[PDB]
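FYI, the numbering just counts along the sequence from 1. Counting convention: from 1, in listed order, for ligands and their atoms alike. Only this structure's heavy atoms are used, side chains among them; waters, hydrogens and symmetry mates stay out.
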Amino acid sequence: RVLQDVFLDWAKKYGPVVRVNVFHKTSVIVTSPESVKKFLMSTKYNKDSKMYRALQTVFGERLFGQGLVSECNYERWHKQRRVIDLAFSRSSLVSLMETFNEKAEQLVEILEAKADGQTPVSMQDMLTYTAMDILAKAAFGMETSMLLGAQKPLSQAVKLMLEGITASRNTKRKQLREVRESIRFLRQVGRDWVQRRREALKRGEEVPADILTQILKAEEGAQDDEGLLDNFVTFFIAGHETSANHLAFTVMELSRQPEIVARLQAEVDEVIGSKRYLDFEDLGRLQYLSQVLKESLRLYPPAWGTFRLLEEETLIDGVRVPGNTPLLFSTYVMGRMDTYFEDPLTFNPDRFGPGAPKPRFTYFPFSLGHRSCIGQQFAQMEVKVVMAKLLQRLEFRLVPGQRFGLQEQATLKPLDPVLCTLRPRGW
Ligand code: HEM
Ligand SMILES: N[C@@H]1C[C@H]1c1ccccc1
C-alpha cells in the first residue's frame with residue numbers, strides 16, 4: 001500500500017476535490033475528467049515550482065536543476081522543448097530501431113543462458129540494465145554495457161540518487177553523504193560524456209544527430225555547462241527509469257495471466273514470426289501487445305501524475321479552492337475508480353480493444369497537454385521491442401514468495417524485484 005492508494009480512498013470517499021498533504025506540502029487532488037481536461041489541456045496552467053524543488057536539488061546538491069522536467073516557467077521551458085523536440089521526430093525515432101533491437105536481443109540471450117528453470121533472475125534489475133543501456137546509446141552515443149556486468153558504480157549511483165529523491169520528499173549521516181556523492185558522480189559522467197562529444201566534433205567527426213545534439217544546442221549562450229548538465233541528468237534518469245518500471249510491472253502482471261500470454265504469443269508469431277530484427281513497421285501491427293501495455297499503465301503507472309499551480313481562487317466542481325494552491329492530478333487514482341473503470345482491479349486488455357471508446361481524461365500515464373512526456377513514442381517503441389523479443393523466446397515463472405504490491409521511490413515500481421525462473425519458449 002502506497003500513498004497513492006490512500007489518495008484513492010479519499011477521492012472515493014470525499015469526492016472530486018480533496019485537500020491532501022503530499023511530499024510534506026499542501027495540495028488539492030482533483031479527480032473529475034472535466035478538471036483534468038481544463039487544467040492539463042491549456043498552456044494557461046503550468047507546473048508548480050514548489051512541488052518540483054524536490055527534483056531540482058537534493059540534500060543540497062543540484063540534480064535535475066532547471067532541466068526539461070523540473071522547469072516550471074512556461075516561456076523558459078518552451079525554449080528548451082521546441083529545440084529538444086527535433087530529437088523526437090518520426091525520422092529520429094526510426095533511426096533508433098537498431099539500438100532497441102540490439103539491447104533487446106542482448107537482454108534475451110543473457111536470459112536464455114539462465115533459462116534452466118531453477119536459476120532466480122531479478123527481472124526488475126535485468127529490465128533496468130536494458131533500459132539504461134538503450135537510453136545511454138540512443139540519447140548520448142555511449143555504451144554503458146550494464147547488461148554485460150559493466151558500470152557497477154554508475155548503477156549504484158542511480159540507486160542511491162532515487163532513494164535520495166524519496167527521503168527528501170518524505171521527511172542517517174552516511175546515506176546522506178552517499179546520496180550527495182552519487183549525484184555529483186552522475187553530473188560528472190555528464191561533463192565527461194559532454195567533453196567526449198565536443199572533442200569528437202573538434203576533430204571534425206560526423207556524429208549522427210541525437211538527444212545530446214539538441215540539449216547542447218539548447219544551451220548556446222551559456223556562461224557555464226550547468227543547464228546542459230541539468231538536461232543531461234534529466235534525460236539519463238527520465239529516459240530509463242519509468243521505462244524499466246513499466247516493463248517490470250508488465251512482466252510481473254503477465255506471470256499470473258496465462259490466457260493473455262497465449263494471445264500475446266499467438267500475435268508475436270503472426271506479425272514477426274521467429275524473425276530476429278523488428279522493423280519500424282512491425283511495431284504498429286502488434287496491436288494486442290499495445291493493448292496489454294496500455295492496460296499495464298492504467299493499473300501501474302510509474303509516474304502517477306503531475307501538479308499544476310492554481311494562481312487564483314477558483315471554483316472546481318462546486319468547490320472553492322484558494323489561490324496559490326498546487327493541484328494534484330493522479331492517473332493512478334483515476335485508473336482505480338469504479339466510477340471510470342468497470343471492475344477496476346481486473347487486468348483486462350480488452351478495455352483498449354479496437355472499437356472501445358478511448359478513456360476521456362481518465363487515463364494519462366504520459367500526462368497530457370504541453371507538459372506531456374516528450375519521450376512517449378520513444379518509450380512505447382522501446383518497450384514493444386523488448387516485450388516482443390521476450391514473448392518470442394522465453395517463458396517466466398514468478399519465484400514463490402514474490403509479491404505483487406508496489407512501492408514509491410521517485411516513481412512507482414514493484415515492491416519485490418520480480419524474481420523469476422526462466423525456460424525457452426516451448427522448453
Ligand atoms: C513508459 C515510459 C515513460 C512514462 C510512463 C513516462 C511518463 C511521463 C510523465 C507522466 C511525464 C510528466 C511528468 C511530470 O508532470 O512531472 C513525463 C515527462 C517527461 N518525460 Fe517521460 N515517461 C516515459 C518515458 C520517457 C522516456 C523514454 C523519455 C526520454 C527519452 C522521457 C522524457 C521525459 C521528460 C524529459 C519529460 C519532461 C517533458 C516536458 O515537460 O517537457 N520519458 N513522462
Ligand atoms: N520521464 C519520466 C517521468 C520522469 C521522471 C522519472 C524519474 C524521476 C523524475 C522524473
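- Per UniProt, the macromolecule in most contact with ligand 2 is Cholesterol 24-hydroxylase.
- At ligand 2, the drug present is tranylcypromine.
- Considering only non-hydrogen protein atoms, atom 4 (C) of tranylcypromine (ligand 2) sits nearest to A238 CB, 3.9 Å.
- Of the protein's heavy atoms, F64 CZ, 3.8 Å lies nearest to atom 9 (C) of tranylcypromine (ligand 2).
- Going by the entry, the organism behind chain A is Homo sapiens.
- Atoms of tranylcypromine (ligand 2) found under 4.0 Å from any heavy atom of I237, numbered from 1 in the order shown, are 7 (C), 8 (C).
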